[PDB]
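Structure first, then comments.
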Number of protein chains: 2
Amino acid sequence: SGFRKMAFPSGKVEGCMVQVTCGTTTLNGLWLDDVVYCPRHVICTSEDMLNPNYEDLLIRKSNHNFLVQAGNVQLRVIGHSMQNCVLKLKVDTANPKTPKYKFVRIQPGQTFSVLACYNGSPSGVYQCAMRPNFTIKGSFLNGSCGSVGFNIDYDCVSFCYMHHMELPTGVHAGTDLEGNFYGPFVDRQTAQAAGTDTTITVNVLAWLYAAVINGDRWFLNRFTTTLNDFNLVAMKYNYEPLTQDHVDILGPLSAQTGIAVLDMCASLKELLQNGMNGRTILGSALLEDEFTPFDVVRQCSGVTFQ
Amino acid sequence: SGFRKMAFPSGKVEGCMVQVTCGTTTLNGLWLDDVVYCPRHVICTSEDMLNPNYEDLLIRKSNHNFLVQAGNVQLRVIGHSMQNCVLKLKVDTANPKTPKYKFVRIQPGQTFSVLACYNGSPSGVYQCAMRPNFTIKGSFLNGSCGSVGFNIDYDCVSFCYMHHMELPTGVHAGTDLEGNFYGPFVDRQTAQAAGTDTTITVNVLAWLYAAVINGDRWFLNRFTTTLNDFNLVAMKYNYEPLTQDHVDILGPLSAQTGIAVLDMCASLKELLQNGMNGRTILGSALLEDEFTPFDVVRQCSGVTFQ
Ligand SMILES: *C(=N)[C@H](C[C@@H]1CCNC1=O)NC(=O)[C@@H]1[C@@H]2[C@H](CN1C(=O)[C@@H](NC(=O)C(F)(F)F)C(C)(C)C)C2(C)C
Ligand SMILES: *C(=N)[C@H](C[C@@H]1CCNC1=O)NC(=O)[C@@H]1[C@@H]2[C@H](CN1C(=O)[C@@H](NC(=O)C(F)(F)F)C(C)(C)C)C2(C)C
C-alpha cells in the first residue's frame, strides 16, 4: 500500500536527450532515429525573442550553425526544417537508443512524467498534470527548454510535451511534439498570462478512491447525491463538471471499493462545504487533482513496463 | 521556477534490475558486476516466514534453485551467500550496464529516489525520506521486495535502500545494501510496529526557503527568536530539535534569500502556533518535511547528472 506522486522510469527517454547549441543559446533536444527535435526559439538571440519572424530567421541559418552534442560525441547536422514551433534537425546518425515511441497530444486533466534536463543532461523526473487552462505546474529553470513530458505504455514512449517557457505566475507552457502549443500561448516574450484554472473533478474523485483503498475512510458518509445536484456544487467551488463518462471511468474504482460514484460525490460535496476540519487524506490537507483514474489503478494494482 | 517532489533519473538503476525466483517466491534483484542482491526472505515460503532460521534454510538450497531473469535472458547462478538480511547470488555474467556505484547508509532526514519494481520490471519512480523512526512512506505492493532506493552524484549511484516489508500502518521498512535493517525491524512476520515519528525540522525550514525563492512570502515576519526558544516550541509540536549544524547547513539558503535562519524559525513558530489560516505554501496546506537543504538547492539551481 501507500500512494505517491509516481513518475514513469525515465531511462528510455534519458537515452534520447542531447544538447543543442546555436549562437549563444543552448537547450535540450530529443534525438529519435536520425532527427533531433528542439524548440525553434533556439535560433533566436536576446533581441530576437521580442517579436521574431522565425521563417525569416531560419532561412539565414546553416546546418553548421547547429552544434548537437550527444554526451561527449558531436552529431553532424545534415538538414533542418521547422514544424510549427519545433525545429527538426536532421543528423547523420540514427540514435541506437531510440525506443518505440509515438507523438500523442494529451487532454487537460491527463498526467505525464517530465524529465527535466539541462545541457542535454537529465536532472530529475517528476509527475505533472495538464491543467484545464493548458499550463502545467512544473519545475524548470534557465536552459530547461526542450525537456519533454511523456507516458509509457508497456515498451512504447508516448511523447506528449516539449517545454518552451515560463508564464508570470510561475507555471509552464509548451507544445506537443509536432510543435503545436498547448493553450493560447506563443513562443515570443509578450505579456501572456495563464488564464483562470479549475480543479479536475474526476481526478479528485479518483484520489478519494485511492485514499479508501489505502484506509482513509473518515470522509465517507451514508448520504448520496444526483449528478446534477453535485454539479451545482462543483460549479460554485470552481470544480469542473462531472460527466456520465467520468462516472463510467470511475466504475472499476467504485467496484473495487464498493462505494458508488455518486456516493463519493456526496463525500466530495461535504468536503467542499466544510473543509477537512484539521484532518488529512493520503498525507494531504488539500483535495488533490493530479491523479487520473488510470494513475490510481496503476499504483494501487502494480502495472509495470518493459 | 516551481518546486516538485523530484526523483533522480532512474535509467542507471533500471539496467540493474532483474527477477529472482526461488520456489514459489518471485521478487526483484539488483545486478551489479557478477552479483545479484536480493532480500533473503526469497528462500522462504508461506510457513517459512513465521519464525525462520535463514542459515538453516540456506544450507538446504542449491545454486540451481535460484532462477534469475535479466529481461528475457536467464542468468546462471554459480554461487550464493548470505550477508545479513540480503542474499548475494554469484552469477556467471557481469552486468554490462553496471554503473559506477557505492553502497551508502543514509541518516533519518535524508531523501532518496525509489525505483518500484515488479517481476524485475521497473514500474515507477518517486522520492522518499527516511523518517526519524527509520520507516519510509513508500508505495509498494506484493512482489515489490528488492526494489532499491538510491541517490545519484554526478555519474555514481549511491544505493542506500532495499525494500523488504510493509508495517501495519502502511509504511515500509528495509535494509541498506549490506543487509542491515534501518530501524528495529526484522524480516519475519511478527507484530512489529513503526514507533512514534517526528517532523524533520531542518527540512521544513529548507522548504520554507524554497517557498520564498518561489515567491510565497506571506508567512514571513519581522520577529526573530533564539535557537533555544525555538527548540522549546519544536518539542511541543513534536518537531525534532534544531542544531547549530542545521543552522550552518541552511546558510546558503539564508544567504540567497536574505532571511536569517533564526528569522525563518520565528516564521515556523508562528505557523505552528496559528496554523496557516486557509493559505498554502508551494501548493501544500501542510508544512512539508521531505525536502533536504540539498534537495532545495539542487532544484532551485539546476544541478544535473551524467
Ligand atoms: C528555455 N530554456 C526557457 C525556460 C524558462 C526559463 C525559466 N523557466 C523556464 O521554464 N524558456 C524561455 O526562456 C522562454 C523563451 C523566451 C522567453 N521565455 C520565457 O520563458 C519567458 N516567459 C515569457 O516570455 C512568457 F511569460 F511570455 F511566457 C521568461 C520571462 C524568461 C520566463 C521565449 C522564446 C518565450
Ligand atoms: C515483498 N515483496 C513484500 C512487500 C510487501 C507486500 C505488501 N507491501 C509490501 O511492501 N514483503 C513481504 O511480504 C514481507 C515478507 C514477509 C511478510 N512481509 C510483509 O511485508 C508483511 N509485514 C510484516 O510481516 C510486518 F508487519 F511485520 F512488517 C505483510 C503483513 C505481508 C505486509 C516478510 C519476510 C517480512
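For reference, chains are lettered A, B, ... following the sequence lines as listed. We're sticking with the PDB entry numbering for chain A, so the shown stretch reads 1-306, in order. We number chain B the way the PDB entry does; in order, the residues shown are 1-306. So how was this one determined? The header says X-ray crystallography, 2.0 Å. Basis for what follows: all heavy atoms, side chains included, without hydrogens, waters or symmetry-related copies. Numbering of ligands and ligand atoms starts at 1, following listing order.
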So what drug did they put at ligand 2? nirmatrelvir (bound form)
Out of curiosity, which chain makes more contacts with nirmatrelvir (bound form, ligand 2) than the others? Name from the PDB entry, please. 3C-like proteinase
By chain letter, what other chains have any heavy atom closer than 4.0 Å to nirmatrelvir (bound form, ligand 2)? B
Please name the UniProt domain of chain B carrying most of the interface with nirmatrelvir (bound form, ligand 2). Peptidase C30
What covalent attachment, as residue and atom, does the entry give for nirmatrelvir (bound form, ligand 2)? B/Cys145 SG
Any B/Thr190 heavy atom less than 4.0 Å from nirmatrelvir (bound form, ligand 2): yes
Please give the species listed in the entry for chain B. Severe acute respiratory syndrome coronavirus 2
Using heavy atoms only, pick out the UniProt active-site residue of chain B nearest to nirmatrelvir (bound form, ligand 2) and give the distance to 1 Å. B/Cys145, 2 Å
Determine, considering heavy atoms only, which of B/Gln189, B/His163, B/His164, B/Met49 sits nearest to atom 12 (C) of nirmatrelvir (bound form, ligand 2). B/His164
For atom 27 (F) of nirmatrelvir (bound form, ligand 2), what is the closest protein heavy atom, and at what distance to 0.1 Å? B/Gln192 NE2, 3.1 Å
Can you list, by chain and number, the residues with heavy atoms within 4.0 Å of nirmatrelvir (bound form, ligand 2)? B/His41, B/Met49, B/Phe140, B/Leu141, B/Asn142, B/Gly143, B/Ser144, B/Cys145, B/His163, B/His164, B/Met165, B/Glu166, B/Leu167, B/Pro168, B/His172, B/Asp187, B/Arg188, B/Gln189, B/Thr190, B/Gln192
